[PDB]
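Consider the following structure, which contains methamphetamine.
Naming convention: chains lettered A, B, ... in sequence-line order (proteins, then strands); numbering from 1 in each chain. What's counted below: heavy atoms across the whole structure, side chains too, no hydrogens, waters or symmetry copies. Both counts, for ligands and for their atoms, begin at 1 and track the order of listing. The deposited model was determined using electron microscopy, 2.9 Å.
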Amino acid sequence: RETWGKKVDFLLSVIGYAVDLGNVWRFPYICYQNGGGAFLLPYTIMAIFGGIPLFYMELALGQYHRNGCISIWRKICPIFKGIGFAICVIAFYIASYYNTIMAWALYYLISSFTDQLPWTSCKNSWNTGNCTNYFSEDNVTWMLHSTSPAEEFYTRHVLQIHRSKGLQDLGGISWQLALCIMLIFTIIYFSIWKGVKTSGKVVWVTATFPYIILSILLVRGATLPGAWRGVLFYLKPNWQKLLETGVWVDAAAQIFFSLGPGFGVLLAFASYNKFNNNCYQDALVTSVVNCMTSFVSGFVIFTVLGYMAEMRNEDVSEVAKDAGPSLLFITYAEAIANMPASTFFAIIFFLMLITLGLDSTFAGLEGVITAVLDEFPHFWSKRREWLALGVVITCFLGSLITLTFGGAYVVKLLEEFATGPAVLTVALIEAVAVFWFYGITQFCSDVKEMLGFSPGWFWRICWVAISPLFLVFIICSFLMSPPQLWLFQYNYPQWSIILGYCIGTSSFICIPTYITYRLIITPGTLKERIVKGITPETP
Amino acid sequence: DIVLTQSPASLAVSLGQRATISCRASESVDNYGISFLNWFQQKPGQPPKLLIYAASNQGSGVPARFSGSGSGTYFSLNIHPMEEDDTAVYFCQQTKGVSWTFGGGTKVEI
Amino acid sequence: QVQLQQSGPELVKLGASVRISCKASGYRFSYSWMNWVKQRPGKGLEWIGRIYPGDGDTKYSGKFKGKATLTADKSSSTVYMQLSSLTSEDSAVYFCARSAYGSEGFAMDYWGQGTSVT
Ligand SMILES: CC(C)CCC[C@@H](C)[C@@H]1CC[C@H]2[C@@H]3CC=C4C[C@@H](OC(=O)CCC(=O)O)CC[C@]4(C)[C@@H]3CC[C@@]21C
Ligand SMILES: CC(C)CCC[C@@H](C)[C@H]1CC[C@H]2[C@@H]3CC=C4C[C@@H](OC(=O)CCC(=O)O)CC[C@]4(C)[C@H]3CC[C@]12C
Ligand SMILES: CCCCCCCCCCCCO[C@@H]1O[C@H](CO)[C@@H](O[C@H]2O[C@H](CO)[C@@H](O)[C@H](O)[C@H]2O)[C@H](O)[C@H]1O
Ligand SMILES: *[C@@H]1O[C@H](CO)[C@@H](O[C@@H]2O[C@H](CO)[C@@H](O)[C@H](O)[C@H]2NC(C)=O)[C@H](O)[C@H]1NC(C)=O
Ligand SMILES: CN[C@@H](C)Cc1ccccc1
Ligand SMILES: [Cl-]
Ligand code: NA
Ligand code: NA
């Protein structure tokens with residue numbers, strides 16, 4: 001059992017896992033969607049209620065047992081070991097879609113190495129529609145069918161989505177994006193090549209550069225006209241909207257997927273931690289850092305958005321129509337296009353995006369690798385590197401379908417599914433098992449023998465009452481809202497929302513499958529079957 | 001630079017017959033699913049007139065008899081039924097990255 | 001209704017210059033390439049270059065880059081194409097056409113009338 005080396009490595013790795021590439025285009029826009037300045041109170045309330053306790057429980061479970069994601073159940077509740085396979089499937093889908101998003105970002109960064117950025121102009125071969133969504137103009141030119149030049153660059157030069165008719169017509173493949181994702185996967189494999197020592201040593205670099213970049217972007221966008229209205233609308237409270245349950249659901253889900261429990265990542269990181277390590281300080285510091293980073297990212301994004309909205313001399317909230325990753329690659333592309341320093345800012349921003357994605361990819365792949373390794377102790381001689389290569393190959397195979405010309409549809413599908421009521425359900429089952437079958441008293445005693453002091457009554461009541469109930473409430477709210485995805489001029493058909501449902505279910509189905517397998521593997525009556533299933537086995 | 005060769009250099013098609021004009025490029029012209037090749041028509045003493053754009057779509061003032069085809073490296077323009085007012089020197093032009101060039105010119109007679 | 005107006009015929013002595021205009025109208029002048037075409041008497045078409053009035057960027061085909069200069073005035077919607085050190089080899093008719101958008105293949109849908117430069 002190898003350790004983290006220096007204590008800073010574990011904290012930096014957890015922080016890098018916390019700072020997701022998704023929240024650098026989601027969090028400010030969705031904050032604007034609900035409340036804005038008044039969204040912070042539900043955000044922090046739901047954080048304290050359900051996100052921090054789940055982070056603490058995952059860190060404590062990972063540290064106490066020194067195991068991965070499939071053997072901690074053997075050490076806790078053997079009947080619920082299918083959570084490991086669910087985590088593996090979730091990590092596979094996440095790696096696929098997240099790495100093709102990385103491929104898009106890397107292609108953008110490569111195209112950003114020119115003195116004149118290619119997305120500023122509309123004279124290119126891929127600019128065939130309209131070019132009326134320009135900036136720094138005084139005339140009145142606006143039609144309902146216009147398209148921004150950056151939108152043309154994104155959807156017709158990098159994505160090349162104009163060559164596909166939707167999810168039913170996935171024709172062609174982008175070789176440039178293929179090479180970009182090949183380089184990205186090679187970097188990921190070389191980072192998780194040997195173990196966690198090199199992973200921490202590279203996280204020392206790829207997790208601190210994003211913070212410097214964010215600081216530079218914030219303090220250079222603050223000196224831009226029109227940012228005042230953007231930051232005001234970001235911090236304009238709307239207490240009337242806070243009455244409905246939708247804002248509460250949104251805040252709880254946002255904090256849950258920003259901290260990100262149930263992915264099997266924190267358990268792997270905490271497994272390499274010493275027994276005498278203090279989980280309380282690390283968990284609190286990481287949660288505070290994640291919240292502050294989200295706030296700073298929202299601040300700088302809204303500063304840029306308000307700057308360009310005042311430049312356009314038009315009303316605000318008419319530019320946030322681009323949701324998901326398109327927000328960055330369109331809005332920020334235009335922003336740095338109009339900025340004095342274009343190449344420098346574009347390269348810096350896309351490098352920061354690459355590092356943000358790199359931290360998450362390293363974290364998830366190392367978590368799944370540790371889960372596989374700990375499940376099979378007889379595979380510890382040389383299976384590390386070969387298993388890393390196999391996982392990278394499997395992720396490449398999964399991203400191959402998303403690598404097509406019209407792959408953006410399946411990317412936006414795998415982004416909105418397998419990241420909804422699937423990780424939430426996995427985390428809910430994890431918490432239920434740990435605090436109902438393993439016993440809250442036993443877990444508290446283990447944490448007391450770990451740190452030296454038992455957690456206060458706040459955790460002891462929250463873990464048992466609020467977090468499972470809040471996760472169940474989130475799942476119930478999400479299941480009652482039908483999904484209607486909408487990409488650029490494409491409405492998803494009925495079969496798309498069924499394929500997404502099947503994809504989301506395929507990961508979750510592992511837990512009931514293993515439940516039935518372990519129930520039927522041993523003969524006997526049902527009652528003592530569930531008796532021995534819950535009770536663990538001594539080493 | 002892409003070099004285009006026109007074959008045949010001179011065509012003699014009787015009235016009512018189908019004409020065949022071939023344009024071969026040095027490299028490929030497809031960039032984003034669109035064939036960056038166009039077909040022109042120049043009568044003596046008259047400016048050139050566009051006939052087919054994107055190698056498959058005809059212009060606004062082009063009759064349906066003019067049909068263009070060809071993707072990748074080989075492109076062909078066929079006129080059927082050919083009439084008397086088609087006695088013009090046809091051209092094929094590429095619109096690739098930097099430098100654009102014309103073909104050689106097919107003198108269709110009769 | 002797209003109409004392109006070109007300058008009249010001009011005569012240039014051996015060792016002088018010329019300035020050929022092209023007044024486009026009827027469309028978005030800043031959102032379409034302007035391509036010049038050279039045609040010797042009895043020979044085929046020869047591409048001279050292109051210019052984008054929106055950004056002012058210019059592109060060329062071959063050796064014409066060192067001889068032909070392309071300028072565009074947005075206010076007057078006129079495109080200029082200067083020739084330096086004209087000789088007998090350039091006694092041709094220069095056309096001016098406007099290119100189409102991307103998926104149209106930058107088609108030369110609308111042409112001018114040609115100037116018989118001697
Ligand atoms: C402008 C804003 C957005 C900057 C971000 C705020 C900083 C507080 C961030 C948040 C996470 C911080 C990191 C969290 C962990 C510490 C450990 C520290 O190492 C130690 O010496 C103490 C560690 C130990 O002994 O446990 C070095 C700085 C470092 C890496 C970092 C300091 C600066 C970081 C990146
Ligand atoms: C951007 C501005 C306007 C919002 C305010 C930011 C901070 C002042 C808030 C945001 C999140 C709050 C934190 C959310 C998590 C809790 C865990 C809590 O842990 C405990 O000690 C309770 C456990 C116990 O002892 O029973 C300590 C305070 C803390 C860090 C909070 C401290 C104050 C924080 C950092
Ligand atoms: C209990 C076992 C479950 C097995 C798997 C079931 C999967 C069911 C199919 C997917 C269900 C819908 O999937 C989920 O839909 C919700 C809304 O409904 C989407 O949620 C979206 O809108 C909501 C508002 O309603 C926002 O708060 C949220 O941020 C946004 O992503 C999720 O992004 C998607 O993950
Ligand atoms: C601006 O964009 C709109 C759509 O966003 C274009 O309108 C469509 O163009 C396609 C091109 O062949 C036609 O098939 C559609 O019928 C058009 N839609 C409608 C409602 O007419 C428009 O052409 C673009 N403007 C340009 C290219 O100048
Ligand atoms: C905090 N970001 C995670 C919720 C998303 C993730 C998980 C695993 C791997 C990559 C990315
Ligand atoms: Cl967030
Ligand atoms: Na996050
Ligand atoms: Na990161």
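- Every copy of methamphetamine considered, the relevant parts of the structure are ligand 5.
- Per the PDB entry, the macromolecule in most contact with methamphetamine (ligand 5) is Transporter.
- By chain letter, the other chains having a heavy atom closer than 4.0 Å to methamphetamine (ligand 5) are A.
- The organism reported in the entry as the source of chain A is Sus scrofa.
- In this structure, the binding site of methamphetamine (ligand 5) at 4.0 Å (heavy atoms) is formed by A:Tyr17, A:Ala18, A:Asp20, A:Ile94, A:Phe257, A:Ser258, A:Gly260, A:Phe263, A:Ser360, A:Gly364.
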